[PDB]
Every structure is written in C-alpha cells, then in structure tokens.
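Entry featuring colchicine.
First the proteins, then the strands, lettered A, B, ... as listed; each starts at 1. This depiction is restricted to one part of the PDB entry, and every contact reported falls within that part. The analysis underlying the following values was restricted to heavy atoms, covering all of them including side chains, and did not include hydrogens, waters or symmetry mates. When a ligand or atom number is given, it counts from 1 through the structure's own listing order.
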Amino acid sequence: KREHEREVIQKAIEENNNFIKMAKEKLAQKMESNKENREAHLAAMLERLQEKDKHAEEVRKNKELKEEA
Amino acid sequence: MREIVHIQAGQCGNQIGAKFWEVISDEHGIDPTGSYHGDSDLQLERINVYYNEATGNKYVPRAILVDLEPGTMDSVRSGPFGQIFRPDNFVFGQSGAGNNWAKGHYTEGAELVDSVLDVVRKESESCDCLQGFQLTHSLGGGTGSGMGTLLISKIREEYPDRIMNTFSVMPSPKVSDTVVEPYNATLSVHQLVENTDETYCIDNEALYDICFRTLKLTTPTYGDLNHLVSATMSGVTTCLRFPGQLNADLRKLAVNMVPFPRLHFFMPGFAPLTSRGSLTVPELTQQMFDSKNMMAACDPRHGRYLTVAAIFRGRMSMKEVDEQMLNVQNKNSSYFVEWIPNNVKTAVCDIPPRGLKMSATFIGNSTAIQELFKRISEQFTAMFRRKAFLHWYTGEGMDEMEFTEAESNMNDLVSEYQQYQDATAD
Amino acid sequence: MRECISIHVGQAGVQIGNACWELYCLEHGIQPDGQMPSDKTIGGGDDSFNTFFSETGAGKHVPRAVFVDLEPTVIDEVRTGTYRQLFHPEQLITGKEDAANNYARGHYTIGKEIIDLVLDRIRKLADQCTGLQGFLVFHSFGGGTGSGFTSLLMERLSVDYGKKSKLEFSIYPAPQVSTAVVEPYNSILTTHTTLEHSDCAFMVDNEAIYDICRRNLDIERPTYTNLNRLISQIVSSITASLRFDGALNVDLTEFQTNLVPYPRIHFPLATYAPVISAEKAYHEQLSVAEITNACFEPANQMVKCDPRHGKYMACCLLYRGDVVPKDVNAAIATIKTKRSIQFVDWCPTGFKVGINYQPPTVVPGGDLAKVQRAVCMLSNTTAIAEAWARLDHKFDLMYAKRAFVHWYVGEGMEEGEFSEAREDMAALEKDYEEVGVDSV
Ligand SMILES: Nc1nc2c(ncn2[C@@H]2O[C@H](COP(=O)(O)OP(=O)(O)OP(=O)(O)O)[C@@H](O)[C@H]2O)c(=O)[nH]1
Ligand SMILES: Nc1nc2c(ncn2[C@@H]2O[C@H](COP(=O)(O)OP(=O)(O)OP(=O)(O)O)[C@@H](O)[C@H]2O)c(=O)[nH]1
Ligand SMILES: COc1cc2c(c(OC)c1OC)-c1ccc(OC)c(=O)cc1[C@@H](NC(C)=O)CC2
Ligand SMILES: [Ca+2]
Ligand SMILES: [Ca+2]
Ligand SMILES: [Ca+2]
Ligand SMILES: [Mg+2]
Ligand SMILES: [Mg+2]
Ligand SMILES: [Mg+2]
C-alpha cells in the first residue's frame with residue numbers, strides 16, 4: 001500500500017510536469033510559425049517596393065531616351 | 001494618443017481639405033488664430049487626433065499641404081483658416097501638372113515627393129502613437145491623382161503598419177470638361193486598390209445631382225459641392241474626434257468595414273439634405289439609406305451591402321435610434337449580404353453639427369459601387385480605343401501596357417464586387 | 001492563505017473589474033483610499049478577506065489584481081478615478097495601441113510586446129502569496145485584447161504555474177450590446193486556444209444581461225455600468241465563500257470538483273435571484289424557496305438558452321444573507337421532485353450548496369434594490385451548447401467566404417488555425433450531445 005500511495009503522487013507530479021511541456025512546446029511553435037509568416041508577409045512587401053521602384057526608374061529612363069531629337 | 005496625419009494634394013484636395021479644417025475647428029472651438037474658445041470640455045478630449053499642442057495653449061492642424069502649382073499655396077494662406085496651418089508644412093512646386101497623371105506620379109511629382117516625405121517624417125516623429133494618414137485629393141486632375149497616389153505608396157513604404165485613408169474625388173462630365181480625366185481616374189484607382197486600406201468615394205456627379213435636383217441649385221459651384229464634402233468628412237470622422245462608448249480608431253473601422261482587402265471603396269451619405277426654402281429619427285433613417293443622399297452616384301438597391309456604418313449626431317432618443325435601424329434593416333433585408341451577420345453598426349454622438357439639431361452620416365461598403373467604376377471604365381475605353389491624347393503620358397515615359405493593366409484591374413474589381421453581390425449563404 | 005489573483009484583460013475585463021472591486025470594498029468596508037477601519041490586523045493577517053486583498057504597513061488594503069489593456073483610455077480612467085489610490089501603479093498595465101478587434105494582434109503582434117511585462121507583475125503578486133489558490137481572468141470574447149491577449153496569457157500561465165486553477169469570466173457577444181462583425185471569429189479562436197488551459201469558464205451572454213436589466217430593472221436602454229453591476233453580483237456570490245469566513249461556504253477547489261464532470265465540459269450556466277428594482281421591492285419580500293425556483297426559470301439565465309430542453313449535470317447553489325439550512329433543504333427537496341428538471345442518469349447526487357450569512361450589498365447608485373436573501377446558481381447543463389451553436393453558425397457564414405480572414409493572415413495567422421479552432425468547437429458540440437445521452 002505504501003508503494004502504491006507513492007506511485008500515485010509521483011504520477012500526479014508527472015501529470016503536471018507534462019501539462020507544462022505540452023503548453024511550453026505548443027506555444028513555442030505557434031510563435032515560431034507566426035514569426036515566419038509575418039516575415040514572409042514583410043519579405044513580399046520588400047519585393048513589391050523593389051519592383052515598384054524599378055518600374056518607376058524604367059519610366060524615367062524612357063522619358064530620357066525620348067528627348068533625343 | 002491616436003494621432004492622424006492629414007495630407008492634401010492638388011487644387012481639389014486643398015479646397016476640400018481647407019473646408020474640412022474650417023468645419024472641425026469650429027466643432028472643436030478653435031478659431032483661425034489657433035486659440036480654444038469653446039464651452040464643453042468634450043471638444044478637447046481628443047483634440048490630439050488632428051491637432052498638435054503648441055506653446056501658448058495653441059492648436060495647430062497636423063496637416064501637410066501640397067500641389068505642383070505654387071499658386072494654390074497662397075490661396076490657402078488667404079483662406080479663412082489660412083494662418084492656422086503650420087507654415088513649414090507648405091510644400092509646393094513651380095510648374096503644375098496640366099491634368100497629366102504621369103507628370104504627378106513619375107516625373108515632376110517625383111522630384112517633389114521626397115520634400116513632402118520630410119514634412120511627413122517630421123510630423124510623425126511628434127506623434128505619441130501614429131495611428132494613420134488621411135489624404136484628400138481628386139482623381140481627375142494631375143497632381144492630387146498622380147502625385148497623391150505616388151505619395152500613398154511612399155508613405156506605405158515607410159509606414160507599412162499604419163492605416164492609409166483617403167477622401168478621393170473622381171471626375172464627372174457635369175463638373176469638369178477636361179477630356180483626359182478618365183485616364184487619371186482609372187490610373188489612380190489602380191493604385192488605390194493596392195495601397196489604401198479604406199477610401200471614401202466622393203463622386204462629383206453625385207454632388208452635382210444633389211446640389212441641382214435636391215438643393216435646387218441651377219448653378220452649382222465648387223463651394224456648393226464642397227459644402228456636402230465637408231459635412232460628410234465631418235460626419236465620417238466624428239467617432240475619431242469625439243469620445244463616447246465607442247472608443248474606436250482607423251484600424252478598427254477598416255477591420256470591420258473591409259471583408260476583402262481590395263473592396264475598400266466606401267459610399268458616403270449624409271442626411272438631412274434640404275433646400276434653404278423648405279425632423280424625426282425615422283425620417284433620418286429612411287433618407288440616410290435613400291440613393292438621393294449618397295455621395296457616390298450609385299443606387300444601393302442595385303446591389304448588396306457588405307457592411308454599413310451609420311453615425312447619428314445630436315441629442316436624441318437612443319432607443320428610438322436602435323429601433324429604427326432594426327426597422328430599416330429587416331425592411332431592406334435583401335440589400336444586406338446574409339453571410340456577414342450583424343453587418344450594420346451604429347454609433348451616436350451627442351454633439352450635432354453646426355446649423356443642425358440632428359445629423360446622420362452613412363458609410364456603406366456596397367457592391368453597387370461598381371456602377372461608379374463602370375461609368376469610368378466606359379469613359380476610359382472610349383478614349384483608349386482610339387489612343388486619344390495617349391501621347392501626353394507616353395511622352396513622360398509611360399507604356400500603353402500600364403494603361404491596360406490599370407483598366408483590367410479596375411474591370412476585375414467590378415467583377416469581384418459582382419461576385420460577392422451574387423454570393424449566397426448556402 | 002488561499003489567495004486568489006484577479007486578472008482583468010481588455011476594456012470589458014477592466015470595466016467589469018471596476019464594478020467587482022468597487023463591490024468588494026463595499027462588502028468589506030474598505031474605503032476608496034484602501035483604509036479599513038474595522039481591520040485591527042494592520043500589515044497582514046489570516047482573515048478571509050485577505051484572499052483578495054493584501055495589506056500594507058500603513059493600513060492600506062490593496063487588491064490582488066492586475067489590470068492589462070493594450071490601449072490606455074480605459075485604465076487611464078481607473079488611474080484618475082475614485083479608486084485611483086486603491087491600486088498600485090505597477091498593477092495597472094497599459095500599452096499605446098490596441099488589438100483593433102483582431103485576435104491576431106492581441107495574441108501575436110501587439111501582445112508579445114507586453115506579455116513578458118504582465119507575467120512579471122503577476123509574478124510579483126504571486127511572491128506575496130503564501131498559498132496561491134488560482135487565477136480569476138475577466139475578459140470579453142469579442143475584443144482583440146480580450147480574445148487574443150487573454151489566450152496568450154492563459155497559455156503562459158500554464159507554463160509558469162502548471163495546473164494551478166484558472167477560472168474565467170467571459171463576455172459572450174451580442175448585437176444588442178456594441179458588438180463587432182469579426183467578434184464571432186475572435187470568440188472561436190480564443191475559446192479553442194483556452195479550452196485546454198481553463199478549468200472553469202463563466203460565460204455571460206451580453207444579450208441576456210441586456211434583457212434582464214431592461215425587463216427586471218425597467219432600464220429602457222441599459223449601459224455597460226448597468227450590466228457590469230449585475231455581473232459583479234454573480235462574481236461576488238462566487239467569491240464570497242473565499243472573502244468571508246463561514247462554516248457552510250464553498251471554496252474554489254470544492255467549487256470546481258462538484259461542477260465539472262469532464263475537463264472540456266466546464267462552462268456552467270449562471271443565474272442570480274432576485275434581480276429586482278426598488279419600486280418592486282417596496283412592500284415585497286421573496287423567500288428562499290421563491291429565489292430557488294427562479295434559478296431554474298430560463299428567463300433569468302446569464303446565457304440565453306433553454307435548460308428545459310437540456311439535461312443538468314451538476315448544480316451549485318450559493319445562498320447568501322438571511323438564509324437558514326431548513327429552508328435551503330426544503331427548497332432543494334422540491335426541485336428534485338420536479339420532473340420538469342431532468343438530470344443526466346449518471347448524476348445521482350447533483351447539488352452542491354453553500355450559505356454565506358453576509359447580506360447582499362448594493363452599489364450606492366446601482367439599480368439593484370438591497371435584498372436580504374439572494375442566491376446564485378451555477379449549473380452545468382447541456383443547454384449551454386445552444387450558445388456555442390449560435391456562435392459557430394455566425395463563424396461559418398463569414399468563414400465560408402473567408403470574409404475578414406485577411407486581417408488575421410496579415411498579422412501572421414494561417415487559415416489552418418481557423419479550421420482547427422472550428423473543428424475543436426465541433427468536437428465540443430458533439431461532446432455536449434454525448435454527455436446528454438442516456439446510459440446503457
Ligand atoms: N468637389 C470638388 N471637385 C473639385 C474641386 N476642385 C477641382 N475639382 C475637380 O478636380 C478635377 C481636376 O483636378 P484638380 O485637383 O483641379 O487638378 P490638380 O490635382 O490640382 O492637378 P493639376 O491641375 O494637373 O496640377 C476636376 O474634375 C474637378 O471637377 C473642388 O473644390 N471640389
Ligand atoms: N458586459 C460588458 N461587456 C463589454 C464591456 N466592454 C466591452 N464589452 C464587450 O466586449 C466586446 C468588445 O471588446 P472589448 O473588450 O471592448 O475590446 P478589448 O478587450 O479592449 O480589445 P481591443 O480590440 O484591442 O479594443 C463587445 O462585444 C462588448 O459586448 C463592458 O464594460 N461590460
Ligand atoms: C471611426 O469611428 C468608427 C469606428 C468603427 C465603426 C464606426 O462606425 C460606427 C465608426 O464611426 C465612423 C464601426 C464600423 C461598422 C462595423 O460593422 C460593419 C463594426 O462592427 C465596427 C464599428 C465600431 N464598433 C462598434 C461596436 O460600433 C468600431 C469601428
Ligand atoms: Ca464647376
Ligand atoms: Ca486583516
Ligand atoms: Ca490595515
Ligand atoms: Mg494644379
Ligand atoms: Mg479596447
Ligand atoms: Mg465547505
């Protein structure tokens with residue numbers, strides 16, 4: 001009985017211990033995947049500013065080449 | 001704590017922008033000198049939102065004034081509130097754009113855009129927590145449209161997490177005979193679909209028709225048209241400028257008004273609209289949803305509402321307001337999309353506007369707005385089929401392909417509006 | 001010491017906390033400055049009211065509470081309000097920008113900036129506790145802070161405090177009471193994220209309290225103050241057992257063990273009786289058996305649903321005031337004879353009862369009349385699934401077209417979290433059907 005009374009408390013500790021780690025780990029990846037996702041959503045906006053600026057320069061070049069009279 | 005930075009470009013943008021400041025300064029008890037001469041403490045509880053606190057108990061609009069023709073710069077200084085504006089924030093060119101979108105967007109406006117961003121950056125640095133920008137401009141001109149849309153992109157580039165709002169005026173043959181206006185509007189709409197979070201469609205055809213038919217103004221002027229604009233602009237910003245049980249900002253408005261990123265073109269409305277030669281809450285409610293009171297030349301009963309926001313102003317029975325918004329909603333159930341539950345919210349403000357005991361301002365995201373874009377697309381295709389005046393923009397370095405891209409994108413926007421207009425719950 | 005730390009998150013949670021701590025002070029005789037003349041145990045003590053209040057050497061009784069909001073407007077009123085010096089500056093936490101009705105902003109974007117600070121202040125309160133019992137978390141489903149940051153906080157609290165009790169008080173949205181179009185999304189996301197971290201959640205349908213205030217109290221057009229004062233009566237009844245000494249009161253552990261049959265089925269339906277105005281209370285007294293019967297009338301539930309069409313799994317009846325055991329036992333005896341009140345067949349004994357002889361207290365200004373016997377019933381009924389169903393339907397209408405979803409993806413979320421959260425809700429609805437089915 002003593003041996004069983006002690007398996008119980010040691011198991012109860014393990015219950016609480018794994019509760020913490022299923023929470024620490026699940027919250028860990030949710031913040032990881034959210035970091036990546038917003039980094040991608042901001043890395044895509046670094047490519048639209050790049051293309052928008054690049055096209056503006058192509059326009060200003062075309063004006064330049066049209067002044068050659 | 002939630003500061004908005006106002007920018008206004010072009011002639012139209014500055015005239016309506018000036019009236020906006022001539023209308024809300026009175027509501028907040030600020031005279032042209034910038035001194036507070038009000039009675040209620042509620043006028044100042046959110047003075048920050050649009051005004052900077054200066055030494056000597058002075059209030060200065062957080063406004064940036066722009067145009068490529070320096071003449072309009074002096075016109076504002078001569079205005080009733082001309083001297084309230086911070087003189088450093090006047091950024092003007094020397095040539096003007098001649099109703100050329102390319103000049104304002106790519107060549108001449110580009111040479112001035114950086115000088116404006118410096119004024120934008122200075123005002124932003126003195127904000128406790130910048131909540132967004134608002135632009136007032138026309139889409140048919142050359143500067144407010146071409147340079148205004150360029151500015152939006154550059155501000156979005158530097159402030160990607162700030163909300164971009166605009167009060168965009170688009171052309172109507174009834175108010176302007178300039179021929180290339182469909183080009184400037186179509187080209188600017190191509191930008192606004194991508195770089196603004198929420199845009200109010202101030203349609204000059206709707207403003208003319210309201211002035212002529214409803215107000216009985218055989219001869220309407222920009223002052224008559226701008227009176228409707230200032231009243232609308234005062235209404236849609238009432239909850240940003242005054243406190244209450246709402247406590248909302250520009251991002252909350254966008255979050256709850258825009259179900260899909262591209263469909264952010266609103267359809268303002270105002271009530272009452274009555275002639276000088278001639279009110280109950282149920283009458284406000286009915287007229288507010290009437291097509292004749294819309295600032296966009298569209299019939300909401302030709303489409304369906306995705307979302308709606310109604311702001312009631314003046315001291316009135318709260319329960320009477322809630323009952324009537326229920327009555328109008330279920331009596332118009334068909335014109336509200338069934339797949340967005342509770343898509344009509346109502347805010348109420350005790351302070352009425354000048355000269356009225358009660359006011360109602362309407363902000364609707366309706367699929368009927370497509371009627372506007374179809375009107376411009378029809379005009380655009382008429383000139384673009386024959387390349388009329390196209391050399392104006394090619395000479396500045398543009399490609400005919402960019403014209404078709406702006407055309408097709410606006411045509412796509414019409415399709416998307418029609419897509420969700422026909423959508424069913426099951 | 002059996003202390004309890006209150007956490008008030010977002011506008012609703014803060015404003016609901018304002019009404020609760022106001023009431024607590026009135027029930028315990030604590031002045032707005034924190035001084036309590038009747039307390040002779042200066043600087044400390046083992047009194048029951050010390051479970052919610054800490055003492056300072058200067059005789060100042062300080063709430064064991066943390067107020068967090070991502071924008072300062074609401075909590076600023078507390079900092080300048082009538083109870084400004086009741087709290088400590090460290091306990092009133094605010095950011096500069098709110099979550100903008102976006103769960104994602106409250107959970108991922110604006111929340112992260114402040115979450116580590118909030119835990120530290122909660123940590124500071126915990127270190128002052130000798131026997132911390134659990135956390136009480138007040139928040140709305142609809143707001144971006146109340147939904148997104150609360151979820152973040154609950155997850156973090158499970159890591160830093162393990163299985164320590166965490167109870168919620170949640171405001172279920174309603175069109176009547178200043179709701180927003182995306183609030184169904186926030187409610188589903190926060191419920192799914194918090195299901196596995198909360199041991200007992202007390203939803204309050206804002207439409208139900210709107211109706212009670214508008215009907216029982218003859219308030220044509222209720223305010224948040226009218227609603228919060230009513231909510232505080234339920235919160236007070238639940239925590240009275242902890243803030244007051246008594247031989248027949250129900251502590252939190254006793255409270256949770258007798259009301260939650262399965263971990264996920266932990267959403268009791270709250271009722272309060274009598275909710276009555278002064279004009280009606282004039283020359284009118286209601287008895288123990290009368291207020292006991294009112295608890296089972298669907299018209300008084302804090303959440304709109306029909307217990308008559310569902311099954312009870314456990315009932316907790318917290319009496320307070322001039323209530324005697326004999327009347328309590330007779331009133332409950334009658335309820336067990338009523339075939340109109342059906343218990344599941346696996347709940348042969350389904351009543352937890354308690355009495356707190358401290359009389360109900362009314363805010364001087366609060367529409368409730370001062371009564372002498374009140375009862376708050378908290379019942380785990382399957383009917384509560386009706387509230388989940390209504391909200392789940394609104395989620396489906398919008399999500400079928402992916403309306404508004406872009407606002408959440410822009411802040412880093414994936415559509416997978418939307419469907420996952422919806423599937424969890426579907427399992428919960430099926431769970432409530434399974435527990436209601438008769439046994440073999
Ligand atoms: N409602 C309203 N519309 C105006 C006003 N002023 C000009 N417009 C409209 O604006 C269009 C022309 O654009 P403008 O703003 O004048 O041109 P701009 O922005 O100054 O650019 P550029 O003239 O090319 O330098 C016309 O279609 C007018 O109908 C005004 O005060 N109120
Ligand atoms: N009962 C009650 N409900 C409230 C109160 N304040 C807000 N609510 C509810 O909360 C919802 C709005 O969310 P809030 O809690 O105000 O928003 P928040 O937590 O501050 O988060 P943000 O989005 O950042 O503003 C509405 O649906 C209301 O029904 C209140 O004082 N009492
Ligand atoms: C700028 O101040 C405003 C801000 C907002 C709103 C609004 O219209 C009433 C405003 O007045 C201009 C608003 C928009 C409508 C919504 O649904 C379409 C919603 O749920 C959301 C509402 C507002 N929330 C409530 C409960 O009214 C928040 C966003
Ligand atoms: Ca004209
Ligand atoms: Ca003591
Ligand atoms: Ca003391
Ligand atoms: Mg000009
Ligand atoms: Mg808030
Ligand atoms: Mg006991």
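- The location of colchicine, copies and all, is ligand 3.
- Lab note: most contacts to colchicine come from the chain the PDB entry lists as Tubulin beta chain.
- Going by heavy atoms, the other chains that come closer than 4.0 Å to colchicine are B, C.
- When B:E198, B:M257, B:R241, B:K345 are checked for heavy-atom proximity to atom 20 (O) of colchicine, B:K345 turns out nearest.
- In the PDB entry, the organism given for chain B is Sus scrofa.
- Under 4.0 Å from colchicine, the heavy atoms of B:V308 that appear belong solely to its backbone.
- Atom 12 (C) of colchicine has its nearest heavy-atom neighbour, among B:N165, B:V236, B:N256, in B:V236.
- Near B:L240, meaning under 4.0 Å from any of its heavy atoms, are these atoms of colchicine: 1 (C).
- By the criterion of a heavy-atom distance under 4.0 Å, the backbone of B:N343, and not its side chain, is placed next to colchicine.
- Every atom of colchicine with a heavy atom of C:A180 under 4.0 Å away is listed here by number and element: 20 (O).
- With a 4.0 Å cut-off on non-hydrogen atoms, C:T179 touches colchicine through its backbone and not its side chain.
- Selection from B:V348, B:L253, B:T307 by nearest heavy atom to atom 6 (C) of colchicine gives B:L253.
- Residue-ligand proximity, B:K252 to colchicine, at heavy-atom distances under 4.0 Å covers atoms 29 (C).
- At under 3.5 Å, a nitrogen or oxygen of C:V181, whether backbone or side chain, sits near a nitrogen or oxygen of colchicine.
- Looking at the PDB entry, one finds chain C under the name Detyrosinated tubulin alpha-1B chain.
- The 4.0 Å heavy-atom shell around colchicine contains B:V236, B:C239, B:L240, B:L246, B:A248, B:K252, B:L253, B:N256, B:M257, B:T307, B:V308, B:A309, B:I311, B:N343, B:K345, B:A347, C:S178, C:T179, C:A180, C:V181.
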